[PDB]
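Figure: sotorasib (bound form) in its bound pose on GTPase KRas.
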Amino acid sequence: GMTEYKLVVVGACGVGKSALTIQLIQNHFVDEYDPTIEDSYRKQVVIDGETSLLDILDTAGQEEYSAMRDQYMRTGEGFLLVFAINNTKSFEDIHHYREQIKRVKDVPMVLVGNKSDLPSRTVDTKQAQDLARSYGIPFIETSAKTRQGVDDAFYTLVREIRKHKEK
Ligand SMILES: *CCC(=O)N1CCN(c2nc(=O)n(-c3c(C)ccnc3C(C)C)c3nc(-c4c(O)cccc4F)c(F)cc23)[C@@H](C)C1
Ligand SMILES: Nc1nc2c(ncn2[C@@H]2O[C@H](COP(=O)(O)OP(=O)(O)O)[C@@H](O)[C@H]2O)c(=O)[nH]1
Ligand SMILES: [Mg+2]
């Protein structure tokens with residue numbers, strides 16, 4: 001059989017939410033994707049031998065309340081919290097994104113450090129590890145450019161959802 005998963009990708013503008021999503025959906029790096037496009041995208045994959053259909057909301061709007069988005073997130077099963085390792089402000093926003101999610105919703109999440117290909121690092125892996133530990137969630141390093149960690153990020157989130165469902 002198969003299992004469907006309703007996922008949401010959040011994080012500051014320009015961290016690579018769309019690039020990550022498109023790597024999952026289409027398996028290549030789309031470097032120019034309209035920063036204002038918010039949509040859900042579906043992709044069939046296989047995770048630990050089970051056919052898995054992922055529906056992924058790639059967030060992009062700036063408003064505090066956006067009806068369709070909020071109804072999606074209210075019923076979202078897991079969230080990727082994405083920052084960029086070269087942008088300290090994106091990492092500082094993570095705890096605010098976590099707060100907003102809890103507000104709309106124990107919720108499966110994965111902390112994602114994207115742009116790991118860039119040498120101009122400003123956020124240390126160890127800081128990201130501290131934060132993920134404080135929430136009791138996984139931390140995964142990614143590059144949407146090279147595709148490093150992309151499956152790890154989404155598949156780890158699915159694995160976190162499986163665990164949550166057992167409870
Ligand atoms: C290039 C544009 C882009 O990618 N954006 C990403 C989404 N986005 C955004 N901005 C933002 O300030 N908030 C927000 C709001 C509206 C209120 C309080 N805090 C925040 C941030 C700092 C956490 C966004 N909030 C959400 C969000 C809401 O509103 C509710 C539940 C879960 C959420 F993640 C959101 F989806 C996007 C937010 C801007 C930067 C554009
Ligand atoms: N070098 C590098 N650039 C990236 C990566 N992910 C996204 N980008 C670039 O960062 C910018 C913002 O990406 P985008 O997916 O639009 O971010 P979003 O606003 O979170 O959707 C774009 O110019 C992308 O080409 C990455 O992993 N590495
Ligand atoms: Mg985008």
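The chain is numbered in sequence order, starting from 1. Technique stated in the header: X-ray crystallography, 1.6 Å. Indexing begins at 1, ligand by ligand and atom by atom, following the structure's order.
Counting all copies, sotorasib (bound form) can be found at ligand 1. When only non-hydrogen protein atoms are considered, atom 28 (C) of sotorasib (bound form, ligand 1) lies nearest to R69 NH2, 3.8 Å. At the shortest separation from atom 39 (C) of sotorasib (bound form, ligand 1) among protein heavy atoms lies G61 O, 3.7 Å. Of all protein heavy atoms, the one closest to atom 24 (C) of sotorasib (bound form, ligand 1) is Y97 CE2, 3.8 Å.
It turns out that the other ligands and ions under 4.0 Å from sotorasib (bound form, ligand 1) are ligand 2 (guanosine-5'-diphosphate). Annotation: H96 places no N or O atom under 3.5 Å from an N or O atom of sotorasib (bound form, ligand 1); distance criterion only. For atom 19 (N) of sotorasib (bound form, ligand 1), the closest heavy atom belonging to the protein is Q100 CG, 3.8 Å. Counting protein heavy atoms only, atom 2 (C) of sotorasib (bound form, ligand 1) is closest to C13 SG, 2.7 Å. Covalent attachment: sotorasib (bound form, ligand 1) to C13 SG. Note that atom 14 (C) of sotorasib (bound form, ligand 1) has no protein non-hydrogen atoms nearby, at separations under 4.0 angstrom. The protein heavy-atom contact nearest to atom 6 (C) of sotorasib (bound form, ligand 1) is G11 O, 3.5 Å.
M73 CE, 3.4 Å is the protein heavy atom nearest to atom 32 (C) of sotorasib (bound form, ligand 1). Using a non-hydrogen distance threshold of 4.0 Å, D93 does not register as a contact of sotorasib (bound form, ligand 1).
Taking any N or O of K17, backbone or side chain, at least one lies under 3.5 Å from an N or O belonging to sotorasib (bound form, ligand 1). Taking atom 5 (N) of sotorasib (bound form, ligand 1) as the reference point, the nearest protein heavy-atom neighbour is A60 O, 3.3 Å. The residues lying within 4.0 Å of sotorasib (bound form, ligand 1), counted on heavy atoms, are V10, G11, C13, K17, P35, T59, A60, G61, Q62, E63, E64, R69, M73, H96, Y97, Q100, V104.
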Once you restrict both partners to nitrogen or oxygen, which atoms of sotorasib (bound form, ligand 1) have a protein partner under 3.5 Å, and how far apart are they?
{"residue": "sotorasib (bound form, ligand 1)", "atom": "4 (O)", "partner": "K17", "partner atom": "NZ", "Å": "2.8"}
{"residue": "sotorasib (bound form, ligand 1)", "atom": "5 (N)", "partner": "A60", "partner atom": "O", "Å": "3.3"}
{"residue": "sotorasib (bound form, ligand 1)", "atom": "8 (N)", "partner": "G61", "partner atom": "O", "Å": "3.2"}
{"residue": "sotorasib (bound form, ligand 1)", "atom": "29 (O)", "partner": "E64", "partner atom": "O", "Å": "3.2"}
{"residue": "sotorasib (bound form, ligand 1)", "atom": "29 (O)", "partner": "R69", "partner atom": "NH2", "Å": "3.2"}

